[PDB]
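Structure containing ibuprofen.
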There are 2 protein chains.
Amino acid sequence: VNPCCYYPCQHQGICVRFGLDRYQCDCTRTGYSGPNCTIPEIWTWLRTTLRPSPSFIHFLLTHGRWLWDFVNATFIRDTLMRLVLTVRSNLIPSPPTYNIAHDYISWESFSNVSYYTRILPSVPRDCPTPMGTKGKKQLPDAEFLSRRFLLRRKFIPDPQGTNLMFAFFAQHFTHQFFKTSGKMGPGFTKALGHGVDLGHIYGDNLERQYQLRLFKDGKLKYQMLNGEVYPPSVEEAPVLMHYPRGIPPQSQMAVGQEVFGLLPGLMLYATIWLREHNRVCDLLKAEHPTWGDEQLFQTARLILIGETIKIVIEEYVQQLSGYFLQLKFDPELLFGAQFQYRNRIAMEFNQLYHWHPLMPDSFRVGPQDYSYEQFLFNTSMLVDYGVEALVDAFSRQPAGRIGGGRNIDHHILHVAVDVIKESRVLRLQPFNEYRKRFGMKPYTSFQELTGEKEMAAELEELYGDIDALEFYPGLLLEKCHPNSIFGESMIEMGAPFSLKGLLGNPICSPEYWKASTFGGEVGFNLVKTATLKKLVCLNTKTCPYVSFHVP
Amino acid sequence: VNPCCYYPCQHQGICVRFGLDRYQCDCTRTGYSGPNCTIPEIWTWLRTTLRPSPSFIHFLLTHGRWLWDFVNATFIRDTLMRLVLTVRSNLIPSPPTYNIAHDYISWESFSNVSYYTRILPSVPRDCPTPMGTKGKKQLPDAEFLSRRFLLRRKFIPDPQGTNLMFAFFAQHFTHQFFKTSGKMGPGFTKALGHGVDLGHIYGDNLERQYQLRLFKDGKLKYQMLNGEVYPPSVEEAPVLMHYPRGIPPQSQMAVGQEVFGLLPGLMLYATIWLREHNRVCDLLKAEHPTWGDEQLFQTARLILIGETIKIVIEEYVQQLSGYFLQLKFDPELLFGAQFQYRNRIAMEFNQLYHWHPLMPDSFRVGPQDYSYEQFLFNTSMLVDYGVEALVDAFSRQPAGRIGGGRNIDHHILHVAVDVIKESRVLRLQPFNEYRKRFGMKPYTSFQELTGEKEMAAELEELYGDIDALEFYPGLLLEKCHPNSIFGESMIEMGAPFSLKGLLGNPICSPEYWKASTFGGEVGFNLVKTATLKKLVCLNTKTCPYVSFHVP
Ligand code: HEM
Ligand code: HEM
Ligand SMILES: CCCCCCCCO[C@@H]1O[C@H](CO)[C@@H](O)[C@H](O)[C@H]1O
Ligand SMILES: CCCCCCCCO[C@@H]1O[C@H](CO)[C@@H](O)[C@H](O)[C@H]1O
Ligand SMILES: CCCCCCCCO[C@@H]1O[C@H](CO)[C@@H](O)[C@H](O)[C@H]1O
Ligand SMILES: CC(C)Cc1ccc([C@H](C)C(=O)O)cc1
Ligand SMILES: CC(C)Cc1ccc([C@H](C)C(=O)O)cc1
């Protein structure tokens, strides 16, 4: 029996097979020593005992507004944001570590960008049980697990007021770096780029980009419909878009991410960002009449990347966190720190971001209430209502609570089922192992995981042992913070991936973070003062209610 | 007239075109302010005035052996090595900056690995003269310039005692990251990897690697000849090798770098490293009987990458430098510093590494003296003499002095001619601009460049102005240090690229630099104690005289 199946090495120690049946843990730089890296060094011990729980820190951050208001207007704001940035980031390996093919560092894992990386090695194929040495010989049926604990019965809105404007932003944004390859299989991605490169606007490959570009004034091709600007058609921009068989090219919109024609919300954002790109080109040309099409295009792209990182940290994440602390996007906060400006999307981060519970039972646009069947492959809704109308509608409709269980609409429950199946193919280690990998104590029972007893009893009967609970299921079934959109694990595990992805970008490095990179002071300020409201309203005829929070 | 043609921005300030005819310099973080970034800050001025010249520091490093010996045995050795590593490295942009297509930062320049990067932007195409605003309307004829100042008349040996064992190591080693693509043109490379990835041994692409691997015990395919181990034939390892038409596959060796069959010296190293890879596999399997072929292969590769870095720093660079300071390869020296573990080969670095003057008039192997025509595409010499014999021969024959001028054998003078032509296509800025970009004062005349009067007068008559002198020519014609192999520019410009290349490797990062990465303490020590002598002798029947220095 493979000793590493027991996950003997603690605190990021590395389990290596030695001889026919022995194992050793490489505790290098873990802060611990001993056979299993559990004997702490004096400094390590002080840090671990003097640190408040994720639950207590969360409390401090969502209480005492009056105090935080004072803090948010001083340098303490910076000090804390930097603290948040470094502490969350150090939890992500960089250079990247393993991939679906190698549960060990290798030159292939480091140079081969078609692979998603992974934080914890896989469950060795030769282990007694699917999860290691705990649980039953066979995992609970994915389908059953989903219907029992993930299916929505009664719509549960997000207590934090998150809306569909946010939901679709999330779907739009994440899909620029989550593009699992159907051809290569699980564990592989076509979103080389691995981060905020805006590939969902410009395309994940040159040829597509060239087909999407006007090659005049650095602009992106487009078309006018009802006196409004929209992405061009595939006929004008011959690029592969995944539309239902039968829909003509002249009726398809070409945008960068092949999958965006399958939801008005997605194309909505495609339209907004496309309008913002061409707008920025105008501002740039005014500043540099001697610039060619290429430089105008390249420079505008860097600007939008900046705007995206800005808005994601200061509004998107802010919304999700519900923190009284005013999050801040300022690369300089890291100029005095040891930080690698690179990123590699992890398969776990992909699993974790499946926030389908956000989707509602139906989609309300003014007096009209559209169903999934009327909404999903709708090729006219966006143009019928226009950008302003849809933004207003999505900004008003509440999105569903992510954590807590039983809140995924039956229309898309199938995604969760496949997420669970893919997880087993990827052989993700147990939820508890990830709890530990991210600084939390493992759950000692299902009743501790869920703040209740009914689901816990059934889960325990199915899994047999809390140490067998799988990654994704653990994330969605964990008990949620007070009036939060999800549990602590979602944050403690997601923040590192997210923040490392945002700041790990090259435009955030000392070499790139300069006015000249963005065409000058005008371009640099577009990044620095970017805003959701401005992203929309500076590109629409009228300004509707725009926010990631319900009115 | 494009104002940036004057190279107005100093100290790494960035020239940006504004309005119809204005320009601005982005002095962000340069240590200077002002229209041209020429007004120094207090600390900046202190550093530039309190810093000794490259010539004085070089003096200190090559005198007082007794003092140095004392220092080398103390922590001062680590202190100076860290200084050297950090000061030389900070001179290289990271993330990478421009490429042949973009004289400005862009997402395309950052993500597109098929491009060599460049430290200084190109000479704007719309400038008055080919070099900017100085020199004649037409540059000196490349052919003529080479015959007049680069052609060898009388063989000039390297006063530092460098041998052919070193010369071939350099060619072998560098050809893993300098692989200009004929199909795409100058400015493009096939050596994705941009560094010490050992692609010249394992191939620059997966398919090729696969054809080269045995897929057993993690070993590399091979063949036996005279009881000795050699690389396999193209027949057993069907991989593309550039051999002259007319030679049969059965006499073509397959090695990783398509060009290595064109010199016994190159294949010699191919053989040595191949034997070392398979040897390491043995040691590894002894340690991990449960490991599969893949892990054995991946782990051995990481080990050889380490051995390569170790030897290049402590023996290779040591020999070139001539320093009494004992250089050291220890990744930990940088763990407390702000350093990016990434690298991108620069086109200027490619130009600079054209050390053809190293090649002799003929190749002596014992009593036999072989001509270029008997040496260049010889497919039997390596096997006829065996590894030991050739190593001994190359270790005894002195290589030619690199700097000084008039020392490139007529057989390969054509390379230099093409290097100069490619330079103009790449539109490399003038030598003086690079002097400045690397911390030196520009030469005020050709007489200052060359420590003499004749060549200088002829060069001045051809170029018209010292500010028109080109990159490569400047490097080879600059006056050499006392009894050195080349001038200061070669070191002051090359050291930064070289060390950044070496330490910027991901195996030198905190995440990778651990015993487990190399299979354990045994593998880790192979890296830490790697040696040229051991690389050869631990893989040959007998141990010949092996060194980068003539006996
Ligand atoms: C009702 C609206 C939505 C529909 C119809 C939908 C549909 C899908 C489908 C069909 C897949 C691929 C499923 C498979 O291969 O089995 C998928 C993947 C995914 N969805 Fe959704 N989704 C919706 C909303 C969202 C939202 C709001 C988010 C939150 C950001 C989200 C995040 C993801 C992620 C992260 C993936 C995996 C991406 C990848 O690996 O390529 N989805 N979704
Ligand atoms: C007599 C032995 C040698 C021969 C016959 C030779 C031949 C060549 C040839 C034919 C090219 C390509 C020329 C072109 O495209 O116009 C080349 C490139 C080059 N050689 Fe050599 N060379 C020799 C020795 C060396 C040595 C000792 C070094 C020092 C490390 C060296 C470094 C280079 C470099 C850096 C390049 C450019 C690589 C690239 O861009 O792909 N060569 N050599
Ligand atoms: C000043 C020293 C304080 C030591 C208190 C550290 C407490 C943790 O102690 C460690 O717990 C591990 C299990 O969790 C054991 O495996 C280790 O052997 C034990 O040393
Ligand atoms: C007063 C509030 C200060 C907030 C700054 C601390 C930054 C949060 O830091 C995070 O805290 C988690 C525990 O909640 C840990 O599990 C994470 O690893 C750590 O990065
Ligand atoms: C006593 C000698 C100590 C030498 C260690 C200093 C490290 C060398 O450092 C280098 O010096 C050059 C000038 O010589 C500069 O042009 C380079 O930019 C700098 O990195
Ligand atoms: C879940 C994740 C994708 C979003 C997220 C939420 C909160 C935070 C804050 C700054 C933190 O570090 O606690 C970061 C990122
Ligand atoms: C020219 C270059 C390719 C080799 C080289 C020579 C000397 C040094 C020393 C440590 C230095 O920094 O002066 C580094 C690299």
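To find a chain, count down the sequence lines: A is the first, B the second, and so on, and within it residues start at 1. Ligands are counted one by one from 1 in listed order, and the atoms in each one are counted from 1 as well. Method of determination (from the header): X-ray crystallography, 2.6 Å. Only heavy atoms go into these numbers, but all of them, side chains included; no hydrogens, no water, no symmetry mates.
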Checklist entry - Every copy considered, what are the ligand or chain positions of ibuprofen? => result ligands 6 and 7
Next on the checklist: I'm curious which macromolecule has the most heavy-atom contacts with ibuprofen (ligand 7) - what does the PDB entry call it?
Outcome noted: prostaglandin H2 synthase-1
Next on the checklist: I'd like to know the other chains touching ibuprofen (ligand 7) at heavy-atom distances under 4.0 Å, if you can.
Outcome noted: B
Next on the checklist: Just tell me the transmembrane segments of chain B with a heavy atom under 4.0 Å from ibuprofen (ligand 7), numbered from the N terminus like UniProt.
Outcome noted: 4
Checklist entry - Using UniProt active-site annotations for chain B, which residue is nearest to ibuprofen (ligand 7), and how far is it in heavy-atom terms, to 1 Å? => result B:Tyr353, 4 Å
Item to check | UniProt heme b binders in chain B under 4.0 Å from ibuprofen (ligand 7), heavy atoms | outcome: none
Next on the checklist: Mind telling me which species the deposit lists for chain B?
Outcome noted: Ovis aries
Item to check | Other-chain residues near ibuprofen (ligand 7) (heavy atom, 4.0 Å) | outcome: B:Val84, B:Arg88, B:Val317, B:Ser321, B:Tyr323, B:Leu327, B:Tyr353, B:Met490, B:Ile491, B:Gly494, B:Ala495, B:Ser498, B:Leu499
